[PDB]
Asker: 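I'd like to ask some things about the structure below.
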Amino acid sequence: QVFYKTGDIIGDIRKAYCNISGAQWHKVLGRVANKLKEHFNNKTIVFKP
Amino acid sequence: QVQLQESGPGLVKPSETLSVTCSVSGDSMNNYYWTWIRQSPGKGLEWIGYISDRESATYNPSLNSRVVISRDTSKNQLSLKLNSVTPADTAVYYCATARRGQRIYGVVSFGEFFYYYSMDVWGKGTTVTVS
Amino acid sequence: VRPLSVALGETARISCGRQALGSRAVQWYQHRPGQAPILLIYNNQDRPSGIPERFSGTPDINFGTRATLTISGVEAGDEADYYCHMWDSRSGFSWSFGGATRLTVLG
Ligand SMILES: *[C@@H]1O[C@H](CO)[C@@H](O[C@@H]2O[C@H](CO)[C@@H](O[C@@H]3O[C@H](CO)[C@@H](O[C@@H]4O[C@H](CO)[C@@H](O)[C@H](O)[C@H]4NC(C)=O)[C@H](O)[C@H]3NC(C)=O)[C@H](O)[C@H]2NC(C)=O)[C@H](O)[C@H]1NC(C)=O
Ligand SMILES: *[C@@H]1O[C@H](CO)[C@@H](O[C@@H]2O[C@H](CO)[C@@H](O)[C@H](O)[C@H]2NC(C)=O)[C@H](O)[C@H]1NC(C)=O
Ligand SMILES: *[C@@H]1O[C@H](CO)[C@@H](O)[C@H](O)[C@H]1NC(C)=O
Ligand SMILES: *[C@@H]1O[C@H](CO)[C@@H](O)[C@H](O)[C@H]1NC(C)=O
């Protein structure tokens, strides 16, 4: 029975990350906000974490 | 150009305050950071402590601010001052210009970068011996 | 201080005792005892004015390589205590001036 543990890294320590498009996300978010405004009696749509 | 000339007393009484100044011409506070070289005849090379342009004091971590650094910019006699001196920290006080450049290996927002520290001009220094 | 050199006509390829961990950037100086020294090569690729082509240049790509110092055109100046002024990412600040190496020339 073998157990694989995490070993020390070699080189420079770096952090993981995720790159998402600059303006395409805001464009799609605006369209989704418009659809939500249609389906929610024309109110202002607020997103929060 | 950068010209160097010290005005240290040359003699210090034990456990007393020092004021070792260096004369520099042609430049001002902001352009050059000001570090100091520790050296002596037949001795090692070290930074006991040095001042920033904004009068911030950075020292040897093992030293832990044994000395206090203050200086004067109008006279250009930037000063490394020693409090509670000892023969252990007896060294020639080179007045050294310090410049910084940075090597970036990863995302800047994350903080993944470091300065490669350049050492261009070394001071003449002055010799002080504890009585 | 540990000496390391070789007779004339051969390059004394002194390598820094420190091992490069992470990104590297080294500084190289021509020292003088008790006086003001200068710098020769303060980057893996920087070749400032007045520096001939005698120095080997290793670009800092494909991490795993070693920093080695080789010199030619030997004179009286180069016998002084060299200091491999290295900076690396993980080790942080190098309060010491690196491995102090000296060149011994006799004949
Ligand atoms: C996600 O997006 C982020 C930005 O939002 C992006 O981060 C960037 O990533 C690249 C590559 O990973 C970095 O590029 C680095 O740039 C520096 C200098 O510009 C280079 O340093 C030089 O390296 C050479 C040899 O490699 C050396 O000779 C030289 O001395 C070095 N210094 C200088 C001054 O030239 C790095 O080499 C280089 N990285 C690589 C791997 O080549 C950016 O710095 C990062 N940040 C920014 C703001 O652009 C990230 O990559 C994206 N992720 C994906 C998966 O796409
Ligand atoms: C986690 O801690 C252990 C022990 O403190 C480290 O093991 C040491 O590793 C170094 C070289 O990597 C050796 O020189 C030591 O002899 C090891 N110590 C012992 C007690 O074996 C281990 O490297 C540490 N892990 C990380 C990622 O730093
Ligand atoms: C993600 O990768 C694709 C293809 O490699 C590229 O076209 C796109 O620009 C990348 N994303 C970002 C934000 O750069
Ligand atoms: C609210 O917005 C939707 C879509 O933008 C629209 O169809 C609707 O007419 C708006 N409400 C009013 C009262 O005009």
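Numbers restart at 1 for each chain; the letters A, B, ... are given by sequence-line order, proteins then strands. This entry, so its header tells us, was determined using electron microscopy, 3.1 Å. Part of the entry, not all of it, is on display, and contacts are counted within that displayed part. When reading the values below, keep in mind they use all heavy atoms of this one structure, side chains included, and skip hydrogens, waters and symmetry mates.
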Asker: Help me out, what's the drug found at chains B and C?
Answerer: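 It's listed as 10-1074.
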Asker: Out of curiosity, which chain makes more contacts with 10-1074 than the others? Name from the PDB entry, please.
Answerer: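 The largest contact partner is CRF01_AE T/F100 HIV-1 gp120.
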Asker: Which of the chains belonging to 10-1074 shares the largest number of heavy-atom pairs under 4.5 Å with chain A?
Answerer: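 Heavy-atom pairs peak for chain B.
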Asker: Report the epitope of 10-1074 on chain A by residue number, heavy-atom cut-off 4.5 Å.
Answerer: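 With heavy atoms only, it comes to A:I9, A:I10, A:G11, A:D12, A:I13, A:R14, A:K15, A:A16, A:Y17.
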Asker: Curious: at 4.5 Å with heavy atoms only, which residues of 10-1074 contact chain A?
Answerer: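 The heavy-atom paratope is B:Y105, B:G106, B:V107, B:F110, B:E112, C:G22, C:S23, C:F63, C:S89, C:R90.
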